[PDB]
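The alphabet sets the chain names here, A first, running in the order the sequence lines are given. Sequence positions for chain A are given in the PDB entry numbering; the residues included correspond to 1-134, 139-219, in order. Chain B is numbered as in the PDB entry, which gives 25-163, 207-599 for the residues shown. Note that chain C carries the PDB entry numbering, so the residues on display, from first to last, are 1-214. Just follow the structure's listing: the first ligand is 1, and inside any ligand the first atom is 1.
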Amino acid sequence: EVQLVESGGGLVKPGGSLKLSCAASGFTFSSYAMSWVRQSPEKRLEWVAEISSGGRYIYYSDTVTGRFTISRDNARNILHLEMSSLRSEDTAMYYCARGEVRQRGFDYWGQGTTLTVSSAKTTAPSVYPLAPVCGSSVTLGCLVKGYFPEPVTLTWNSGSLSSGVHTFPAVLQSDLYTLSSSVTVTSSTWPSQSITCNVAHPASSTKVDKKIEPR
Amino acid sequence: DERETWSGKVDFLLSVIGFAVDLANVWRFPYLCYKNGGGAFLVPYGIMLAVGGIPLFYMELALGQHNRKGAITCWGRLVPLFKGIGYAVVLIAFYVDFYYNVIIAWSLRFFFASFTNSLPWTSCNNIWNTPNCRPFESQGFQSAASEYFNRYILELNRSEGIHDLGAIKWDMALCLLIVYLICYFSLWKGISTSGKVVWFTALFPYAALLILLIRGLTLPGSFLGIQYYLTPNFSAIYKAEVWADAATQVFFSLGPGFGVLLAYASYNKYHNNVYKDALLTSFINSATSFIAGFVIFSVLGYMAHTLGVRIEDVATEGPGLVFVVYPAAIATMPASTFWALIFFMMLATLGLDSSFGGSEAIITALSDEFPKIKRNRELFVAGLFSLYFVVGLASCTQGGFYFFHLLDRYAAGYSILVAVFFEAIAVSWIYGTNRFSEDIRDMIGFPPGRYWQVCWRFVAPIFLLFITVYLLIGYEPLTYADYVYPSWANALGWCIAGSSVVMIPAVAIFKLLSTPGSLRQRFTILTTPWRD
Amino acid sequence: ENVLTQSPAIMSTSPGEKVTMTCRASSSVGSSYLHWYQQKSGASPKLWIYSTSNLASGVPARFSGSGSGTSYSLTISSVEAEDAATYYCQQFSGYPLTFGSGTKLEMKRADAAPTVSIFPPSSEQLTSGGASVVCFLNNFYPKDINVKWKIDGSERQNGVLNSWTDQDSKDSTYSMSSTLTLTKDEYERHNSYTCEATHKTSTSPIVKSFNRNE
Ligand SMILES: CC(C)CCC[C@@H](C)[C@H]1CC[C@H]2[C@@H]3CC=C4C[C@@H](O)CC[C@]4(C)[C@H]3CC[C@]12C
Ligand SMILES: CNCCC=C1c2ccccc2CCc2ccccc21
Ligand SMILES: [Cl-]
Ligand code: NA
Ligand code: NA
């Protein structure tokens, strides 16, 4: 019954301004103090701001005070968070969580929305087919190189096969992301059949399908 | 705007306990149990306590701790329109100080009179006696303790009314002076001292009550008194008068919205758990009344058993119980002198801390509104207490009891009901329960349950109204024994009673005609709380 | 601020074990203001144990909390496989509100040697002017593993991006991908490319090689 959905969030350059939102449904929103809690990419929780049920009591963290502004709309059931002078450290998954009773903590958390604060240039990925080699099973690969920002959607054969697939999390290097995946099938299946690599980068409107060839 | 704070929690606690627990716990509650079905009376009392007194008790305490200001300023900030409530509360506290203190004056007097090997109120063969005197209470006669308190201590027999105050009892004026000397050197430095004086004035009654429970129970016929005290009669539950006495007792015994709980709490730390304080204190107050009930009636039974006096003639209420009936029994038991001295010292200390809270309500509510006196405390309260003593000399006359009785029946009785009524209305409907719950959550970490909110909004007004209506129904032109007051005495009474409440619309009218805009715009401004 | 420190950072546990993660504070916290949250992978955190000892709704009895002042702890009497998550302590005593560094539960399994496979730069990348040699090391345990690159029998230690996967939800294994990145030139100035896997499952490293003539 209780449901929170964070909206807004995306790519922002330093000094930029963005306004996050959280839609509540399933309870008397005007009776619970709401709170913004962000989570840095290293999976670390940091409380940002708290707002009382009537907006007459506001609290901010030291790293956020003077820049962010938490806001409430009890008419349309909306938790707001306007941000300004955004620094790269503000990059996190911003969660909408509620906590009326301090002796009970945050009993309900939203799905979250991602905010990335970077001066890196949005680039399209290069999709490279990884075929051996220049056995009972065969292992193929796919290299998604030099893109920004996250994420990219990688599937094999339009998502037909899921078993034997290991997609490795991206790692930033010199303002560029590189990701790779590996699929392992029965040595008979390939290259008798087709193993395709489906990479999509929404940020650059990129959709590349690569086919792996024996040579 | 960082104000002083209690130099320890217990100080605040004992201050609130002391204020709440006074002679009413002794000379009114056990009588009401007796009159209204014994143990059965605990039901309407409990329910009225659960839905009427405690919520209001709580409310004012939270209002105090939250707003950090005294009555006038607090209510002014809470609602600019109903700021006159703060004034109405302050002067009520101001009026009560004129008469309430003389009870403590009588206490010390008996304490000084008990420095003898034979208590002077035992016999009927003294200079101040009449042929109508008998050794104990009896229908158609007067008792030795009565004629002592009346013809000797009071010399009331020499006054023909309130127009005829007579001479000044200088033995009494002295006692009243001593009372204010104690009151002054407990409050002149603020809570840093008063928070300690309450360690005695609020704790001694429990020491006294204890050894009196023991002494009372060891006496023959004590259990008979326990029967008169708590023999269940649930037919009283169906009576509306019982629920009315229960309601009235709970209200006046807790004194919520009297501006003193507010004052005391204003010195608390913002994030203090005032909720636990409200509950703990409320219980201790009612628990004290219950204890005092056994204390009183164990002796009452002993009288009805080993002295051969009718229970109807001894089970009384008010000063008649503790100045006449109880000392009468004390004088018949071994080590009478010991029990006498501590009993009088008790109801003295029972009154002192209440008197402290009453005055402190005034001084605090004023320091927050007028920096002129906040800088000059000692001088102000010296002037205030001096005014008390001077006018209080009227209470020390031969017709002093007539003056006391008038103020006791007019000065604060009705006024504080219609003040606290508007208090509940302003908080729960103008300021809103939602805004108040928000405040409480910020302080103690959590909001009040739906129970307290429904009580503050719906039950509390009906509660206060059920009482105000009740006191008006049972109104009678002011009389005492055979003395009936002139018409003008009741007129002046209603003026003193009204001089309070008149502040409610007078300031509302004043601030309304002191702001710019339109009528809807004047309200909006005079409705907006200070934090805006 | 009142910084909460949780230990251990990462905890290895087999189902059936009794574990206890601790939460230490820099300043005293009231027992009614310290709470615990559980966060599964790719999910939002959930209230787990509020006010030190009280379990939130749905939370199984195997969980408990204790402590006071500046020292608190979450205990799992008998760990289940479904308890694989990260646990964060949080104080609601004073502002600003602070969470702990968190403690991550991971499952154990029999030690597995990695199946290694090496890949040469694609023709597409070479035409672009770059050359990345990729090495996959799949389904091993425990997580820590040491890859190394050799060009013409000589060790090379730059232009390499390693990336581990989080613990698999089924076989409880891990996977790492090493990627040696060169320019097309020094890639063509040599021929022999090698990566080998130093892992605890063997005293000898697992080697995979290829030459630019096969
Ligand atoms: C006379 C007999 C029957 C009852 C005696 C009641 C006495 C023992 C009770 C009643 C009120 C109580 C006090 C009121 C509350 C407090 C504040 C707390 O922080 C310390 C204990 C203290 C100071 C209590 C001590 C015990 C106490 C004095
Ligand atoms: C309930 N506590 C006892 C103190 C009560 C009052 C008092 C006593 C002395 C000086 C002041 C006051 C003022 C509060 C008040 C109002 C109406 C009736 C009694 C009292
Ligand atoms: Cl009572
Ligand atoms: Na008192
Ligand atoms: Na009382």
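- The drug observed at ligand 2 carries the PDB name nortriptyline.
- In this complex, the main macromolecule engaging nortriptyline, as named in UniProt, is Sodium-dependent dopamine transporter.
- Other chains contributing a heavy atom less than 4.0 Å from an atom of nortriptyline: B.
- When the UniProt substrate-binding residues of chain B are filtered for a heavy atom under 4.0 Å from nortriptyline, what remains is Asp46(B), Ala117(B), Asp121(B).
- The Na(+)-binding residues of chain B named by UniProt that have a heavy atom under 4.0 Å from nortriptyline are exactly: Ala44(B), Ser320(B), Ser421(B).
- Below 4.0 Å from nortriptyline sit no other ligands or ions.
- Following UniProt from the N terminus, chain B has transmembrane segments with a non-hydrogen atom under 4.0 Å from nortriptyline at positions 1, 3, 6, 8, 10.
- The shell of residues around nortriptyline (heavy atoms under 4.0 Å) is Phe43(B), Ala44(B), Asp46(B), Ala117(B), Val120(B), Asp121(B), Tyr124(B), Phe319(B), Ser320(B), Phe325(B), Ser421(B), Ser422(B), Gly425(B), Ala479(B).
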